[PDB]
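In this structure, halofuginone is found bound to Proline--tRNA ligase.
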2 protein chains.
Amino acid sequence: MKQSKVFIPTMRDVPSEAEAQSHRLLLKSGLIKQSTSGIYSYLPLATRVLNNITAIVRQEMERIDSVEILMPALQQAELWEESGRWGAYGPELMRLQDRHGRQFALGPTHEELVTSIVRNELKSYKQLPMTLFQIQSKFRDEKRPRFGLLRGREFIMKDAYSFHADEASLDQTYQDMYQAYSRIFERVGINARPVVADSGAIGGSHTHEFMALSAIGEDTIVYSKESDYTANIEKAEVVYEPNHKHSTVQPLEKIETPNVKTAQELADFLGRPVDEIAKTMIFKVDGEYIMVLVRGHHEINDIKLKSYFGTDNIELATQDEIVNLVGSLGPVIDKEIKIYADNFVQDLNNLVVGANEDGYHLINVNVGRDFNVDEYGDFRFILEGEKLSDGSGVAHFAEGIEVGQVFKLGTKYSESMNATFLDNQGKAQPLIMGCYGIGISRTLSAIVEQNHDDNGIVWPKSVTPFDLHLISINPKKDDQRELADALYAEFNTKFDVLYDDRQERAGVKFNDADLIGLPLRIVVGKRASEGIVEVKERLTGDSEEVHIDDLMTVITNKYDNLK
Amino acid sequence: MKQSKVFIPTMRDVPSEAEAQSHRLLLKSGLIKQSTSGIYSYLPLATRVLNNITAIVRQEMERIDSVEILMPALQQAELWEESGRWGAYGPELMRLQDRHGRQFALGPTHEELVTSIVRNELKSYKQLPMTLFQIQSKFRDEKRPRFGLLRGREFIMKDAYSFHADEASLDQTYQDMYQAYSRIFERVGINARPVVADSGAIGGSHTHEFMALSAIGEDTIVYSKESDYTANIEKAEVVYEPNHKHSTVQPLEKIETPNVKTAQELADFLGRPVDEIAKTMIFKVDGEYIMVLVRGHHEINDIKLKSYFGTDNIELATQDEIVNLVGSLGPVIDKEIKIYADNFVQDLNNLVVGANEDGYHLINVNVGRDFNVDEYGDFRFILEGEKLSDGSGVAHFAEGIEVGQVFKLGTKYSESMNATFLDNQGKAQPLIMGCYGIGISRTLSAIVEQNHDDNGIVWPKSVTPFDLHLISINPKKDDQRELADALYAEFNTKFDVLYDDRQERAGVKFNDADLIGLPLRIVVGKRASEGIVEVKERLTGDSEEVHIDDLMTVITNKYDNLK
Ligand SMILES: Nc1ncnc2c1ncn2[C@@H]1O[C@H](COP(=O)(O)OP(=O)(O)NP(=O)(O)O)[C@@H](O)[C@H]1O
Ligand SMILES: Nc1ncnc2c1ncn2[C@@H]1O[C@H](COP(=O)(O)OP(=O)(O)NP(=O)(O)O)[C@@H](O)[C@H]1O
Ligand SMILES: O=C(C[C@H]1NCCC[C@@H]1O)Cn1cnc2cc(Br)c(Cl)cc2c1=O
Ligand SMILES: O=C(C[C@H]1NCCC[C@@H]1O)Cn1cnc2cc(Br)c(Cl)cc2c1=O
Ligand SMILES: [Mg+2]
Ligand SMILES: [Mg+2]
């Protein structure tokens, strides 16, 4: 393609609101444009990268017999009522009415739709297993869209769904997908790690998330150096082995603590280490108010609380709800309320806690005497340095972007939506399901996060929108224009060449080229009359003069040796 | 792919409601499944056909420098307010609210979105022309979804938009698109004709529709045998040259006409030919009621009326609106109402018309004496046999499916949405726009309409979901299964082979194969031990025995000679 005919609105200045490097670079390089919060257009270069990603995805899906389909975005509410998700979900599910008042969801994911396709069609065990996938734009009215394509409201997902006669068959396809996902991410230029993910509040099914390792990552991976242990910090269990720090029991005492809000401020005020303070938070669990206690150097993990209580309906009590129930909160109160404490609170006595009265705290508070703990448990995040759940060694942290997930779904949808098959013994059984997804537009951004420098994007060979950037320094000069025209015709059969044929200053062409980030650059300039050009590598910045008779061999060898 | 792993829910019986052959066959062959009215899932084989169509589309777009992008479905109402389409359109535009009460349209087409992309980015004449396109699902809440993929509510469109400094540049790209569209349709196996289309009520810009010639087609193409004249029957002008059939003027007379509703019933009742009766219809044009007169053998053309009056707000008066104004209607009434008559009414005198009184009609009604005609004009459809507007010869009719359109849009959106560029002389000018579209999912159905027989689909080589159907008659037999396994491995590198490896009766495999419609079939049966198979052509039904040492050459030669 001649660059004069390709829309590439490169920017001089990136706005302050853009925080993530991938977001900043996709804007600056003229690859995406925001329509509104969380909603983007993919401009020509991004679209080519998306096409390269989806071609790799299609190869890897076909390799494991995952068969492509395309399902609708517009989905009748009645389908979502069958599963119960219509009623279970709130504003994140986008909803609308047609001209006859009939209600619809815009698909955030397709468990019901795909179940509706296969039910009473996958009728026998002889037809199983079956795996279907699509590459299709999903809709989620995210509370906080952010970081460009990393969290949109309209976004591209590759979602797959598999159907099975038994658990062993599901296990096989889950492994196939796991392996296919590893291949997909490596091929597109992402360094990713599969990590054990949380199975949800109620379920205990096997699930792994694929995490693109990057500093912008909002997930923390807990990993071992001694074993293959890798878990989301939300899931990673903390094993408690007693190590008491108890002193002589003292009488309870309310103390004045003016302008003291936080646990660390209280620690500083009393001249004590923060770990000896116990923090108290009020949660609302299935309508009932509870208290959760953790030490001052720890933080409450809501995902563990949800899994512990076995419900997703857990949230912090609001300002008004706290006042109606009881400044800094504490466990000593004359009221029927269940108090839960993290296991590591047992290492202390003479607790420092809130007084349920602004400007005050309690010291020398003791369990049994002053208040009772109903149950102890693992209600916190692991810290870096602590011993892992498998006993292999010490916990280390790495930050990650969730680029995909694999999930053993089971019979949830097939039971609720009556999707059955006749087994070996002729009896009706619900289809056993797996579901799997890659965030395609998120993955595009993750590629940029891991493949860029201070001057722009550095696209991997596998996904670069064009292979070669052919640039004329001054096309007013006949020798330069004509040589570049000839080289375009020569190289645009074997390679995809972006030919910067524009009547633009050399400096802007090179700045644009740095942003755009194609792996190899052929510069036609002052030595065109001699049949000499310059070849420049985007990754290293290495430049060399090359004569046109050698150029095909030099470019091909350089291209083949790219990662 | 092994057919045991591909979801293909072939049907024994097609429901009565499915009318169009393409709709019936896409259902019967297991290629689509309805989710609800006008909303479909594309099953594995249809998805492969769609991928083949879009690959051809992409090649032909790149050939004319039409550059791929991907724009969002979710579009803020504020954008649609800029153009005025938010207010101009009614229930066909699907609308919704997000969680903050902000209003959105689901894109039925993307003129505003694309204008928002390029405005203040295509800043100079030096950047023009620019052509962008996407392949993306559109949403239209159609009043009457029908014929499967021919009229959906969620459907795939390839929409392109071009931007220009002057009218000559627009003319060039319009011609490029016209030519590209001709190529696309021929390549995918559609016999199509470009025809002059109506430019709308207000505008007079150049537009052509591409019509897939087929009997299910709801459009009628008027064409010449002597010239290149081709027009939609909505547009095709009728030139009136007087041929009076006048008799001696008679006195007006009201006559009893019991149980006479229609013009032909009245003709039969009075013993007169139907052409001597004048029909009267009441229309509402920009709030004002009018009368339109046409002869009994003619019909009113609303598209001509809209173009004549220069407004889209024309509709028939309702039952209640007719009563408030005045059985069979007629022009003789004591009221201030404008009466328009088709030109061919002038060939008659002593008109037979309604009496504005149930059970009665008027005879011997004459213009000037009994009523006045305000204006005469071309308000009807041309009939087959009549002389064409260009004077080349006689009108012939062919039925067609509108598979695409090309349109010289001009500055409508660039004016309303302030999308300007600096011209040669440094002054701001609105971007001159073209817009173009192909219905991709409609085109898939049109391919089936033109490429099928009584036993199933007959896919063209260019778009067939697989190239070869490899079928084992009885895979319990080791020689058959093993030979078929070997041939699959041999042929699935050069070709895409669907291998019917299923443990199913031969009869169902062949019935499924006929429906599925791949061009060549390799049958492994009783002579597998001898290294002999049967090759069968789907189009002709010709079968021949072939030895496996000759099979690659025989298949390749047959495949190369397919249309
Ligand atoms: N709002 C979004 N924008 C872009 N990509 C997304 C978004 N939500 C999910 N994805 C991607 O789609 C994949 C599958 O969806 P899903 O498993 O439902 O995500 P999720 O659990 O909601 N992730 P998150 O919201 O980031 O915690 C994810 O692994 C992401 O890569
Ligand atoms: N409801 C639909 N279902 C499937 N395809 C459609 C639909 N509407 C339009 N298309 C296709 O998209 C192309 C461009 O859209 P457009 O020019 O807006 O169609 P249109 O004038 O509304 N046609 P029609 O509604 O059939 O009279 C058409 O030429 C069709 O091939
Ligand atoms: O979407 C999932 C589970 C899996 N679905 C198939 C693709 C891969 C993915 O991990 C989790 N999820 C995430 N977000 C959601 C948001 C809404 Br709104 C709804 Cl209704 C449902 C969901 C929802 O089910
Ligand atoms: O969509 C068009 C004009 C052209 N747009 C770009 C692709 C090719 C197509 O011919 C005509 N059209 C047809 N149907 C529509 C339905 C609705 Br609802 C709206 Cl808002 C707008 C429209 C509308 O503009
Ligand atoms: Mg989410
Ligand atoms: Mg329409």
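Chain A corresponds to the first sequence line; subsequent lines are lettered B, C, and so forth. Since chain A takes its numbers from the PDB entry, the residues it shows come out as 1-326, 331-567. The PDB entry numbering applies to chain B: residues 1-326, 331-567, in that order. Just so it is clear, the values below take in all heavy atoms, side chains as well, and ignore hydrogens, waters and symmetry mates. Both counts, for ligands and for their atoms, begin at 1 and track the order of listing. According to its header, this structure was worked out by X-ray crystallography, 1.8 Å.
Within the model, the positions assigned to halofuginone, copies included, correspond to ligands 3 and 4. Within the structure, the other chains placing a heavy atom under 4.0 Å from halofuginone (ligand 4) are, by letter, B. For B:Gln409, every heavy-atom contact with halofuginone (ligand 4) shorter than 4.0 Å involves the side chain, none the backbone.
Of all protein heavy atoms, the one lying nearest to atom 24 (O) of halofuginone (ligand 4) is B:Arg85 NH2, 2.4 Å. Below 3.5 Å of separation, one finds no N or O of B:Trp80 facing any N or O of halofuginone (ligand 4).
At under 3.5 Å, not a single nitrogen or oxygen of B:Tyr161, backbone or side chain, sits near a nitrogen or oxygen of halofuginone (ligand 4). According to the PDB, the organism given as the origin of chain B is Staphylococcus aureus. Contacts between B:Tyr440 and halofuginone (ligand 4) below 4.0 angstrom, taking non-hydrogen atoms only, involve the backbone exclusively. Residue B:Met157 has at least one heavy-atom neighbour below 4.0 Å for each of these atoms of halofuginone (ligand 4): 7 (C).
When B:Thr207, B:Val114, B:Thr109 are ranked by how near their heavy atoms come to atom 6 (C) of halofuginone (ligand 4), first place goes to B:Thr109. When only interatomic distances are considered, the shortest N/O to N/O separation between B:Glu111 and halofuginone (ligand 4) falls below 3.5 Å. The residues lying within 4.0 Å of halofuginone (ligand 4), counted on heavy atoms, are B:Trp80, B:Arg85, B:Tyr89, B:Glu92, B:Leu93, B:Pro108, B:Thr109, B:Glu111, B:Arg140, B:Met157, B:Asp159, B:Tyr161, B:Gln409, B:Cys439, B:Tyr440, B:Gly441.
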